[PDB]
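Heads up: the structure comes next, in structure tokens.
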2 protein chains.
Amino acid sequence: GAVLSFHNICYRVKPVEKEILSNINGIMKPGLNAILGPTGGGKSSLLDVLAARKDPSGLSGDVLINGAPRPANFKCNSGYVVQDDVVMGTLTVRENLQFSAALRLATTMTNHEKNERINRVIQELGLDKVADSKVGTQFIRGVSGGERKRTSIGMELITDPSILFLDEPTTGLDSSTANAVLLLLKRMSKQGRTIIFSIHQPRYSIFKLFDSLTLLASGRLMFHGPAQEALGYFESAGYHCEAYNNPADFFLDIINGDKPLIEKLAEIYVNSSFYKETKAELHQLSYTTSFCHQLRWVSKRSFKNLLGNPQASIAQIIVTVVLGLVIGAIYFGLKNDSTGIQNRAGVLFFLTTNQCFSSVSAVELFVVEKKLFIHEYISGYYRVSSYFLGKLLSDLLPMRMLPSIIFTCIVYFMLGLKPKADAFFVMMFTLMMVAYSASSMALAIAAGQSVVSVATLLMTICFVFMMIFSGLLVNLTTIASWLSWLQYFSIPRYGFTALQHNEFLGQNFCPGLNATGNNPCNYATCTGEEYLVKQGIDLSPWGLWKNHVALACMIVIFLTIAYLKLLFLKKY
Amino acid sequence: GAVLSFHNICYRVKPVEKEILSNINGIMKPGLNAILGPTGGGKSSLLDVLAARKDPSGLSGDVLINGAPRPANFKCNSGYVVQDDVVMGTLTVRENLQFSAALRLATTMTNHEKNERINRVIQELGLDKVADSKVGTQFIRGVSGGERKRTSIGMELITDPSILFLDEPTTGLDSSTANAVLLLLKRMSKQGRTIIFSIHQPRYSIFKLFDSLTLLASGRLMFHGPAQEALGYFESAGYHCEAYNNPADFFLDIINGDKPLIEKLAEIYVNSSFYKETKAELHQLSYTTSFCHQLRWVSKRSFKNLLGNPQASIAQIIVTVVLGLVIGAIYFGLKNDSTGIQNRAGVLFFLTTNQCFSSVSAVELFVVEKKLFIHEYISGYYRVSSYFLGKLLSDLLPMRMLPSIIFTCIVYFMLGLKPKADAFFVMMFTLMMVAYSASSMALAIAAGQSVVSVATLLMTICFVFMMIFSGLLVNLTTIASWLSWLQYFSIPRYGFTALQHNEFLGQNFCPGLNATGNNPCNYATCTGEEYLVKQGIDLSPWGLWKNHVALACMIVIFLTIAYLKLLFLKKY
Ligand SMILES: CCCCCCCCCCCC(=O)OC[C@H](COP(=O)(O)OCC[N+](C)(C)C)OC(=O)CCCCCCCCCCC
Ligand SMILES: CCCCCCCCCCCC(=O)OC[C@H](COP(=O)(O)OCC[N+](C)(C)C)OC(=O)CCCCCCCCCCC
Ligand SMILES: CC[C@@]1(O)C(=O)OCc2c1cc1n(c2=O)Cc2cc3c(CN(C)C)c(O)ccc3nc2-1
Ligand SMILES: Nc1ncnc2c1ncn2[C@@H]1O[C@H](COP(=O)(O)OP(=O)(O)OP(=O)(O)O)[C@@H](O)[C@H]1O
Ligand SMILES: Nc1ncnc2c1ncn2[C@@H]1O[C@H](COP(=O)(O)OP(=O)(O)OP(=O)(O)O)[C@@H](O)[C@H]1O
Ligand SMILES: CC(C)CCC[C@@H](C)[C@H]1CC[C@H]2[C@@H]3CC=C4C[C@@H](O)CC[C@]4(C)[C@H]3CC[C@]12C
Ligand SMILES: CC(C)CCC[C@@H](C)[C@H]1CC[C@H]2[C@@H]3CC=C4C[C@@H](O)CC[C@]4(C)[C@H]3CC[C@]12C
Ligand SMILES: CC(C)CCC[C@@H](C)[C@H]1CC[C@H]2[C@@H]3CC=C4C[C@@H](O)CC[C@]4(C)[C@H]3CC[C@]12C
Ligand SMILES: CC(C)CCC[C@@H](C)[C@H]1CC[C@H]2[C@@H]3CC=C4C[C@@H](O)CC[C@]4(C)[C@H]3CC[C@]12C
């Protein structure tokens with residue numbers, strides 16, 4: 001079996017440094033081990049500390065498995081259940097179990113066998129009635145909290161872990177289901193699996209199931225040893241219970257007071273035989289799956305989440321179509337007359353801005369998953385690179401490409417723009433590039449930010465500032481010499497400039513050309529080239545492709561920054 | 001005392017109609033009355049049904065207080081605690097208690113006395129350590145769940161209610177605090193207060209506190225009567241417990257199975273003496289505070305929430321200032337030259353759009369409170385009109401007015417616009433009006449909508465469509481005769497038109513005027529009046545003020561629509 005141990009553990013949290021956990025020692029031999037205590041004692045903190053999930057800065061003690069230190073593949077053989085559930089709502093139960101099993105369990109086993117285990121676990125936890133039901137979403141009524149909790153438990157139970165940690169496995173579950181869950185854990189722990197869990201308000205039948213007990217309170221350790229001997233240990237010191245029915249309530253009624261009480265009990269413990277014995281024993285003793293597989297399964301999960309979140313995919317497509325048709329009707333039949341310039345520039349500007357501002361929604365779905373991503377990374381699911389590229393090939397690439405195609409296909413021929421294929425495809429390509437660059441910038445800004453409202457604000461502000469330098473609201477030749485340099489950071493500038501260059505080039509907007517020919521007018525701006533020059537634009541085709549290479553470089557740089565912001569993030 | 005009763009209750013929920021509650025009967029005499037049952041049984045549903053919070057369409061039975069029907073002032077003397085807490089996070093505990101006491105309790109009592117009661121309740125619930133701490137927020141670490149729950153309880157406990165309903169008063173609380181809470185309830189119920197509550201996993205000491213028991217399961221009623229006699233009732237029929245320690249666990253172990261089991265037990269009950277007796281008894285028996293006070297306290301709460309939510313007030317002000325300065329630097333020194341027209345129109349358009357699009361954030365804070373508003377309305381806090389006007393005088397009026405002032409004060413003199421006071425104040429007034437109209441439209445759209453992402457999408461789309469008709473992106477004289485009518489629904493059109501009219505009117509943009517004077521150029525658009533005409537604008541001052549009256553009418557109409565959308569909302 002696995003004989004976990006610890007000695008002289010202490011912990012600190014930061015400015016001022018608070019000591020959540022003080023001197024703690026104990027041994028957790030195979031079987032069933034529990035951690036009772038009141039709220040705020042330090043239950044969850046200790047549990048994470050034992051499962052290598054707290055920053056090692058505060059930790060100041062030795063955690064040893066079987067005497068030898070922590071194995072490097074430790075996280076590949078231990079499961080951890082979270083106090084607050086982390087389960088993708090837009091998926092079903094079975095999808096999530098398949099995902100966890102697929103990424104964590106080895107791929108030598110056939111898919112039929114993994115599905116077999118999944119069915120077995122569903123039976124064990126009593127989830128047949130909601131096996132295929134969707135977990136909670138803001139649009140669909142969610143499954144009951146108990147079923148969600150059992151799902152979180154199963155996602156880790158399927159891994160066949162030799163060591164298992166649970167933080168409040170039974171919170172909100174009715175008594176019968178909780179009894180079923182714990183009987184299952186006992187049946188499993190009688191095979192060598194070393195289980196460690198916290199719990200609130202057990203019943204006596206449960207309390208007889210224990211094999212080792214730990215009692216945390218205000219950081220300090222009150223008692224550690226066999227479950228049976230705890231009552232007698234207290235009996236000797238005092239509190240002749242003889243009246244309470246459930247020993248757990250009795251144990252807490254002493255912590256809660258029913259010189260300082262905490263210190264008194266803790267010193268009684270350190271003067272107990274149990275602590276001497278455990279100090280004696282302590283002193284005496286002292287990735288699974290390749291890159292491609294991770295990428296594929298992450299991308300599939302994101303496919304499903306995106307299709308199930310119908311405010312960034314379907315709403316976006318529909319509004320794009322409606323806008324395209326409306327624009328087509330409004331600007332219909334563009335004329336080479338006085339009004340031609342205004343309409344043409346306006347439509348191009350609108351398309352550019354809409355592409356730029358349509359990326360906020362997609363990244364926002366990337367922000368919310370932060371916590372989920374951290375939990376899944378620590379647990380040992382996927383690398384960082386895999387998660388990044390997966391979310392890219394699932395969200396950024398597919399959905400952002402379509403709007404440009406639809407917009408151009410509808411608009412170009414209704415309005416009456418340049419009647420050449422080259423211009424058509426150039427317009428489509430340019431819109432794609434601005435869209436991707438905006439999404440990249442949003443990812444860079446919003447990567448590793450917990451809150452969405454702040455990120456949305458920042459991105460919106462940045463886009464506004466970029467828009468002021470587009471080329472239509474202000475003429476860029478009037479910009480002061482000490483601020484024109486800012487115009488090179490503007491995505492809309494490159495997109496709009498490139499769209500204007502390929503449209504106005506072969507155009508003349510003064511209808512009377514013989515009349516215009518004899519005496520041209522100084523302040524007339526008849527032709528497209530003159531307007532182009534006045535806005536400060538080159539005429540050479542290099543003057544067009546320069547914007548595209550700039551956009552590509554921006555894409556590369558911003559994606560790299562996002563990857564690093566994720567990499568040096570605090571995953572603890 | 002208060003002798004509640006019910007008879008033949010049934011309930012339905014809708015398309016297909018599901019019957020959540022079947023035949024139910026019982027009496028809840030003064031004292032302590034509990035409602036045990038498993039998840040999904042119908043606990044919360046029954047509790048709401050008894051407290052007049054379910055739509056009366058499904059209800060099909062008689063709820064009688066002391067034989068006489070439900071008094072009209074019933075909600076003025078009964079408190080109701082919610083299963084999921086509804087407590088304003090941005091406030092402290094004491095602020096919330098003051099708010100509830102101020103609006104619900106009468107104003108004859110002095111404020112010192114109300115504060116006295118608040119302190120007493122804080123002592124009763126054990127919240128001295130977190131009395132002034134802020135409740136959970138997305139920026140500040142939140143207080144523990146137990147303290148939040150106790151706060152929700154106190155907000156209703158302070159009312160001195162003759163009848164009190166609780167849905168899971170003790171969920172997540174540690175045993176000691178829960179014991180304290182229930183001992184408090186018992187001490188209070190021994191004075192005539194009739195308490196009715198649900199609960200999960202009581203302990204035996206608690207179970208002895210009961211005076212009446214109700215056992216719901218899958219809608220059906222399993223047992224109703226004195227707490228003591230329940231065990232013997234089962235004993236007679238079966239299940240010779242004699243082994244379980246806590247009777248509550250025993251009672252549920254029979255519902256959960258530890259021809260159909262549910263129907264069998266229910267029929268055993270209807271064949272019991274208890275049901276005969278209660279059927280016999282049933283057959284035998286068968287605003288506080290004015291408008292101004294509500295308005296003031298609602299407005300104060302919104303002051304505090306807005307100042308505590310630093311993403312719609314402080315961020316907005318700061319970004320406004322930064323944008324104003326940047327604009328001032330960019331367009332600095334506008335010249336009456338060829339470029340004058342483009343820069344002038346662009347700056348005006350930008351200000352208009354920014355005012356229009358800056359209203360999404362404020363309304364979004366109005367959306368999230370929907371659920372809270374419904375709960376507070378039903379409980380009997382405030383009228384609808386009060387809540388509306390309060391949120392208006394707190395959020396819409398103050399914050400939306402400032403941006404225009406700041407924008408104009410900074411911009412007008414840096415750029416070099418019309419050097420006349422009249423134009424300055426006209427510009428300020430116009431910006432105010434567009435801002436208010438946009439906020440009104442957002443309120444109309446977002447009133448009575450549960451989700452924020454959908455509302456944000458809708459408002460953004462509407463503003464975009466309005467913007468396409470502003471007057472700059474497209475010339476409105478080229479619009480087809482069968483779509484120009486849509487331009488009269490555009491707020492930015494009125495604002496932008498009014499800003500342009502008072503600026504370009506006294507301007508000439510062709511620098512060589514003697515050169516221009518001898519031979520004017522057809523396609524020249526030198527003066528401001530010509531450009532104004534070409535965009536399709538009247539020159540008479542009525543041609544300016546018409547936009548303002550239109551904006552005012554839009555404001556009035558949209559606010560009225562919002563009020564009605566709230567009024568005919570389903571408050572049940
Ligand atoms: C003048 C108008 C035209 C020019 C507009 C320029 C926009 C540039 C946008 C890209 C910047 C970027 O990508 O920011 C990248 C930075 C990089 O973060 P980090 O340093 O690696 O943090 C490391 C974190 N650790 C320690 C955990 C690793 O992300 C941020 O700081 C997030 C906030 C950025 C706000 C930027 C607002 C800029 C407003 C400019 C107003 C004049
Ligand atoms: C060219 C410039 C275009 C400008 C368009 C501006 C439209 C503004 C209308 C506001 C009406 C309003 O807000 O009314 C309020 C309505 C609902 O009202 P209700 O049914 O009474 O709900 C009360 C029901 N109760 C009483 C039972 C509770 O909200 C909405 O419908 C929100 C959807 C509006 C979508 C607008 C999309 C426009 C697309 C146009 C494509 C050509
Ligand atoms: C989508 C229309 C447009 O992109 C455009 O092409 O013209 C200009 C402009 C636009 C959108 C927005 N703004 C603008 O000035 C300001 C703005 C704020 C928005 C906010 C508030 N931000 C200031 C954080 C949102 O929450 C959601 C969408 C938002 N969209 C916009
Ligand atoms: N990262 C942290 N930053 C600040 N305070 C913390 C941090 N982690 C814990 N604490 C503080 O330590 C105290 C106890 O936290 P802890 O995680 O141990 O809860 P707990 O004892 O396990 O009870 P429960 O399971 O119900 O959450 C709390 O007051 C908490 O504020
Ligand atoms: N408005 C509703 N729409 C759809 N289903 C509903 C609605 N109200 C109740 N139900 C369903 O009726 C069943 C019983 O719901 P109920 O509210 O009574 O549970 P409960 O008594 O509150 O238990 P608990 O408080 O622990 O969650 C549930 O399956 C629930 O989904
Ligand atoms: C119908 C037209 C005229 C409306 C204009 C387009 C916008 C306002 C409409 C078009 C289709 C709509 C979507 C249609 C379907 C869904 C799925 C539903 O579970 C939530 C709302 C949501 C996401 C709608 C949001 C609003 C929406 C995007
Ligand atoms: C951290 C982020 C914002 C870095 C910003 C880097 C951007 C602005 C850099 C990356 C590559 C650069 C471009 C490289 C080459 C060209 C072609 C030249 O004939 C004009 C300048 C131009 C177009 C540069 C403009 C600035 C540019 C686009
Ligand atoms: C481009 C310029 C104008 C950006 C303006 C950003 C300023 C105005 C915004 C951006 C993010 C905002 C911060 C977001 C979160 C917090 C944490 C909170 O505990 C105090 C307020 C504080 C610190 C906000 C203050 C306002 C803030 C700093
Ligand atoms: C439910 C919502 C969309 C109501 C829409 C009502 C708006 C569009 C109505 C309300 C008041 C109306 C305005 C009242 C007076 C004038 C002045 C006149 O010289 C031109 C028309 C104009 C400007 C009207 C246009 C239409 C108008 C603005």
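Per chain, numbering begins at 1; letters A, B, ... match sequence-line order. Start at 1 and go down the list; that is how both ligands and their atoms are numbered. This entry, so its header tells us, was determined using electron microscopy, 3.4 Å. As a basis for the values below, the full set of heavy atoms in this structure was taken, side chains included, without hydrogen atoms, waters or symmetry mates.
Choosing among topotecan, zopolrestat, lexibulin, one finds at ligand 3 the drug topotecan. Contact analysis gives the chain with most pairs under 4.5 Å to topotecan as the one the PDB entry calls Broad substrate specificity ATP-binding cassette transporter ABCG2. In contact with topotecan at heavy-atom distances under 4.0 Å, by letter: A, B.
Around topotecan, within 4.0 Å by heavy-atom distance, are found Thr353(A), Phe357(A), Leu457(A), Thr460(A), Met467(A), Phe357(B), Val464(B), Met467(B).
The authors modeled no covalent bond from topotecan to a chain.
The dominant UniProt domain at the interface of chain A with topotecan is ABC transmembrane type-2. Source organism (PDB entry) for chain A: Homo sapiens. Checking heavy atoms within less than 4.0 Å of topotecan, the transmembrane segments of chain A hit, in UniProt's N-terminal numbering, are 2, 5.
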